Structure formats: C-alpha cells, structure tokens
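The following structure: rapamycin with Peptidyl-prolyl cis-trans isomerase FKBP1A.
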Amino acid sequence: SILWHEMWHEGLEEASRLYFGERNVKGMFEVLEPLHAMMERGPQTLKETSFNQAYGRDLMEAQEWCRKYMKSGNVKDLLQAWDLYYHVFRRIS
Amino acid sequence: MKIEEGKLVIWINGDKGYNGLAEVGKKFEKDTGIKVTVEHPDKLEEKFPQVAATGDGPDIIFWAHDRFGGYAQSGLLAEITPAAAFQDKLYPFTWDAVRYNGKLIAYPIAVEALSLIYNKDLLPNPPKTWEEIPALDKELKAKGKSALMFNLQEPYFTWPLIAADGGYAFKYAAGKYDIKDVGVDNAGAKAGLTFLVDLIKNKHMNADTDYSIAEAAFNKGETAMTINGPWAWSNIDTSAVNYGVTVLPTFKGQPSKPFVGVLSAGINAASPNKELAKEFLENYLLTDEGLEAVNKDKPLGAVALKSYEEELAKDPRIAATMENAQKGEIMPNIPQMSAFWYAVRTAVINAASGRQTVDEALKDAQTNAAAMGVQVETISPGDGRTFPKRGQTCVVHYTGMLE
Amino acid sequence: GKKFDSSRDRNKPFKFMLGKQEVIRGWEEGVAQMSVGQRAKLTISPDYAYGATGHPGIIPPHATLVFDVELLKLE
Ligand SMILES: CO[C@H]1C[C@@H]2CC[C@@H](C)[C@@](O)(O2)C(=O)C(=O)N2CCCC[C@H]2C(=O)O[C@H]([C@H](C)C[C@@H]2CC[C@@H](O)[C@H](OC)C2)CC(=O)[C@H](C)/C=C(\C)[C@@H](O)[C@@H](OC)C(=O)[C@H](C)C[C@H](C)/C=C/C=C/C=C/1C
Ligand SMILES: OC[C@H]1O[C@H](O[C@H]2[C@H](O)[C@@H](O)[C@@H](O)O[C@@H]2CO)[C@H](O)[C@@H](O)[C@@H]1O
C-alpha cells in the first residue's frame with residue numbers, strides 16, 4: 001500500500017535538505033542509495049510499473065551522474081544529477 | 001585567540017595618512033613596548049564586518065562615521081567610555097556623529113568635506129555656478145585643457161550636485177531618520193543627475209574617470225578644476241601647481257551640499273586590547289602632537305580636537321572646507337547608509353554610462369536605498385500590476401554570476 | 001563576473017514556490033518585488049545568499065551574487 005512516488009518524494013525532500021541545508025554529501029548518498037537499489041529490483045505492482053516508465057530512465061541517469069561525481073569530485077556532475085532529480089520531483093508533487 | 005593580545009592592529013583607508021599614524025604608533029611603542037601595526041587594505045569598510053563577525057577583525061578601524069552605525073548594530077564595536085574631562089577636549093558636535101542608540105561607539109578624529117580645487121594659473125577666478133562649466137570647458141578645449149575632472153565612480157563626489165537642488169538620502173524628522181522617506185527620485189535629484197549626464201554627453205567629462213585619473217590630470221595641470229577632500233592636498237603640494245580651495249559651484253542658484261564625514265576610530269568588540277586601544281586613541285592620537293604627525297602626512301581636514309583646530313582654522317583651505325561643510329549636511333550614521341551608498345553608486349554609474357536614463361536609474365535607487373540585502377536593477381519593465389504572492393509558483397530564466 | 005549557473009544554458013525555465021523558504025533570501029524578496037515580463041538584475045549580499053560557509057565547488061565564502069532574472073509567468 002506504500003507507493004514508489006511517496007518514497008521518492010520523501011527521499012528527495014530529505015536528500016536535498018541534507019546536501020543544500022546541512023552540506024552533507026555522504027549523508028545524502030545514504031538516503032538515495034537504497035531508493036535506486038529499489039528500482040534495481042524492478043516494479044511488481046501496476047503503480048510501480050507506471051512510475052518506472054515515467055521516471056525510471058531519469059532516476060537511472062541521475063545516479064550515473066552521482067557516480068561520476070564520486071570519481072571526478074567536480075560538483076558540476078552532482079548538480080546535473082539534481083537537475084534530473086528535481087524534474088521527477090516536480091512531476092510526483 | 002584570533003586577535004593577538006598585547007599588539008594593536010589598526011585599519012585606515014589608503015587615501016589617509018597611514019605613515020603619520022604609524023609614527024604615532026612608534027611613539028606608543030617607545031613608551032609602552034606595545035607594537036602598533038597600521039594596515040591599509042582595499043574595501044576595508046566591507047572587509048571589517050566580514051572578519052569581525054567571527055571576531056577575527058583588527059583592534060581599531062578608521063572610517064567616516066556613516067559606516068559605524070551598521071557596525072554598532074552588528075555588535076562589532078565596543079562601547080567607548082571616555083572620561084568627562086576628555087569629552088570636553090573635542091568639539092561636542094563631533095561626539096554626536098559617533099553616537100548611536102544614545103551610546104558612543106567611536107572617537108571622532110576630523111571633519112571632512114569636499115571642496116572645489118582649482119589651478120590658479122589656468123583659472124584665476126573659478127566658476128560660481130555649475131551651469132557655466134560647459135562653456136568654460138569649451139573655452140579650455142582650445143588650449144588642449146579641460147575644465148573639471150573628478151571621481152565619477154564613487155557617489156561621494158557627485159552627491160553635492162544631486163543634493164544641491166534638494167535631493168536627500170533619508171528625511172530627517174523629529175531628531176530621527178525616516179528610512180521610508182527616501183528622496184533620490186525627487187525633482188531636485190533628477191535635475192542634478194541630469195546636468196551631470198548632460199556634461200558627459202556634450203563631452204565635457206568622461207564617464208570612465210576614476211579618482212586616480214582625475215588626480216593625475218589635475219596634478220599634471222591638464223585640468224583646471226577638481227573636487228576632492230583635504231587628504232588630496234599633499235599630493236598637489238608636491239605637484240608644483242598653484243591651487244586654491246574654494247566653495248563648490250552652485251546649481252540652479254542653490255549651494256552644492258556635500259555629505260559631511262567625520263573620520264572616526266572604533267574599537268573592535270572582539271579585541272582583547274580595548275583598554276590599550278583606548279589609551280592609544282585618547283592619549284596619543286587625539287593630541288596636538290599626535291594629530292600633527294598624521295596631518296603632516298595627509299591633511300585630516302578640520303580636526304575634532306579643539307586645541308589643534310584653533311591652529312588649523314587659520315589655514316584658508318580648512319576655512320574653505322568648513323564653508324562647504326556648512327552648506328552640506330553631516331551624514332546619518334544609520335545602518336541603511338550602506339544600502340544608500342550602493343544604490344546611488346549604481347544609479348550614477350548606469351546614467352553616466354548611458355545604460356539607463358536619469359529617471360530610470362533613480363527609480364531603481366529609490367527602492368534600493370534602504371534595501372540592506374538585495375538590490376534590484378531593472379533591465380526591462382514588466383506589466384507593473386502582476387507581482388507574485390506567497391504560495392504561488394514563479395517560472396523564470398536566470399544567470400548566476402560573481403561580482 | 002564569472003557565470004556559475006544559467007537556466008538559459010539548459011533551455012528549460014526554472015520554477016520555484018515563493019514565500020516557502022525554497023530559495024535564498026535575495027531571491028525571496030528580490031523576486032517578490034518583480035512584475036511579470038520584467039527582467040531585473042539582483043545583487044544579493046552574502047547574508048542573503050550563502051554567507052561565510054558558501055557552497056564548496058561553486059560559491060566561495062562571502063560571495064556577493066549577481067542574478068540576471070526574467071520573470072516569465074506565474075503558475
Ligand atoms: C543544478 O541546479 C540546482 C541548484 C543549484 C545549486 C547551486 C547554486 C549555486 C545554483 O546554481 O543552483 C544557483 O544558481 C543558485 O544559487 N540558486 C538557484 C536558482 C534560485 C536561487 C538559488 C537557490 O536558492 O538555490 C537553492 C540553494 C542552493 C539551496 C536552498 C537555499 C534556501 C534554503 O532555504 C534551502 O534550505 C532548505 C536550501 C536550490 C533551489 O532553489 C532548489 C530548487 C531548492 C531546494 C534544494 C530546497 O528548497 C529544498 O528544500 C529541502 C526543496 O524544497 C526542493 C524543491 C526539493 C527537491 C527534491 C530538490 C531540488 C534540487 C534542485 C537543484 C538544482 C536545480
Ligand atoms: O562613495 C561612497 C562612500 O562615501 C564616503 O566615503 C568617503 C570617505 O568619507 C572619505 O574619507 C574618502 O575616503 O572618500 C570616500 C569615498 O570614496 C562614505 O564614508 C562611505 O561609506 C561611502 O561608501
């Protein structure tokens with residue numbers, strides 16, 4: 001009964017607050033990592049499947065930017081991730 | 001400890017006499033063994049509140065009294081407690097300039113006012129009006145010279161003209177400043193700034209002229225006139241140019257009203273040497289011999305110390321400065337002076353560069369004069385009746401830049 | 001000065017909710033006094049921006065920010 005869009009809405013609401021408000025990049029990845037691994041497992045309900053169709057690629061791309069940031073260390077890649085994260089957040093709100 | 005104990009660190013603007021102040025510091029060190037260091041960094045009026053916020057500031061700061069109100073409000077200044085006998089040694093009005101919320105926050109050093117400085121050889125009788133300057137420039141262009149060159153970057157120098165016809169920063173009510181009563185877009189200010197822009201249009205002045213450009217021109221005898229404070233005199237003395245200090249030209253039959261600044265020394269609220277700072281300022285700087293040392297380097301203007309002022313007032317240059325000072329008004333020391341000065345700076349620069357019209361520039365400056373945080377510069381107008389409200393979404397395009 | 005971010009470089013407009021503490025104080029009050037269609041230049045003091053901490057990698061400490069913003073439409 002607990003939905004994917006509910007969890008992503010709260011997750012981003014928390015991760016953005018941790019990075020932009022607490023300057024905690026490490027703590028941000030702690031809340032984001034499990035949500036991506038959740039998509040990694042795949043959708044099992046109608047709602048989950050519809051969600052994945054809409055935002056799946058965007059969220060997948062966003063994580064690739066986060067990974068790029070870990071290696072490069074350039075906050076530009078991290079911003080590019082948040083551009084994709086913000087796009088899906090506005091749609092689910 | 002961020003601030004060193006047993007050492008006095010003093011910040012003063014580089015246009016002032018910092019070497020003379022250092023000679024006073026040497027006398028203090030000679031008598032006490034306390035090292036005094038005089039630094040003159042750029043944009044120190046902006047740097048102080050940055051560093052002093054954490055308590056990493058200098059021991060003493062030197063600026064005109066207008067900044068000090070904002071400093072006092074931020075609690076960056078210690079309340080100075082001079083002895084009643086010492087207070088009587090400085091002119092009472094100078095103490096009023098350094099009082100905020102009924103508490104003294106700084107020591108007044110000297111009273112500054114802009115004056116018309118002219119080459120006596122190029123121009124025996126300087127113009128009594130602004131309006132006759134364009135004709136004089138035109139006449140002087142024939143001899144490969146120019147009439148007037150002054151700093152057009154800082155709004156301290158262009159304020160007399162704006163205030164001449166009745167342009168005011170903040171309206172002075174019942175012994176208190178009303179911050180909601182701005183007069184930067186009034187008819188008087190519009191007229192004054194227009195005449196300034198007119199001069200630049202008709203190629204009487206260049207909009208890209210700064211302090212140093214205008215100083216080089218006059219001191220080399222390329223221009224006939226300049227507008228500058230007492231500090232500049234010592235450069236002109238060595239320039240071998242015969243010069244006089246006189247009252248600023250009138251505009252529309254009204255005297256030019258410059259903002260009057262009192263050079264003031266405040267003690268950092270974070271300084272562990274507050275009692276040492278007090279001793280330096282009271283017993284060393286604010287003395288006949290102390291002020292003279294600073295004066296000999298760069299003239300302070302009309303000093304706050306009564307004894308030494310009675311000597312300086314005999315100098316006609318000082319009398320000329322104090323003539324302009326009377327016609328002008330002593331600056332408010334309210335925190336909004338920061339906002340005001342940057343608002344009038346933008347408007348003057350934009351108008352001179354032709355980026356905006358006089359009416360457009362002063363319209364922006366009107367709402368910016370009390371805007372402490374953010375200041376708006378209109379690039380192109382809107383519908384002027386559709387302002388966003390709390391709860392609504394705003395779709396915008398933007399670009400982020402560092403100054 | 002140095003451009004650090006632009007929505008025009010993305011081609012996609014930026015949206016935010018006003019008076020909900022979503023953006024810096026410079027925007028919150030600078031945009032609140034802007035009309036629709038207006039393009040304005042917001043000069044934001046550090047105290048209304050990112051302060052002494054700044055934003056590492058993008059924004060240095062005590063950085064005064066300059067924003068060239070056009071308010072397109074309200075939603
Ligand atoms: C690549 O572009 C980035 C933003 C970058 C960051 C770095 C700076 C140089 C900059 O380039 O923007 C920049 O130009 C800038 O300084 N901006 C952006 C344009 C508006 C003014 C300013 C600003 O306030 O940024 C903001 C600044 C950096 C941080 C906030 C300042 C105000 C303060 O109250 C907040 O504490 C809470 C933190 C970023 C934003 O405007 C975004 C939209 C909003 C937030 C993150 C928070 O409000 C958050 O609260 C948890 C939310 O409610 C959101 C909707 C939750 C969702 C999931 C997250 C979205 C994240 C989007 C990120 C985006 C598009
Ligand atoms: O230009 C605005 C500026 O004006 C005053 O600063 C004067 C100062 O009083 C003089 O002693 C001398 O240093 O020239 C300055 C102008 O460059 C205000 O005191 C200051 O707050 C303001 O920024």
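Order of the sequence lines sets the chain letters (A, B, ...), proteins ahead of strands, with each chain counted from 1. Recorded method is X-ray crystallography, 3.1 Å. Counting starts at 1 for both ligands and their atoms, following the listed order.
The parts of the structure that belong to rapamycin are ligand 1. Under a 4.0 Å heavy-atom cut-off, the other chains found next to rapamycin (ligand 1) are A, B, C. Of the residues of chain C touching rapamycin (ligand 1), most belong to the UniProt domain PPIase FKBP-type. Lab note: per PDB, source of chain C = Homo sapiens.
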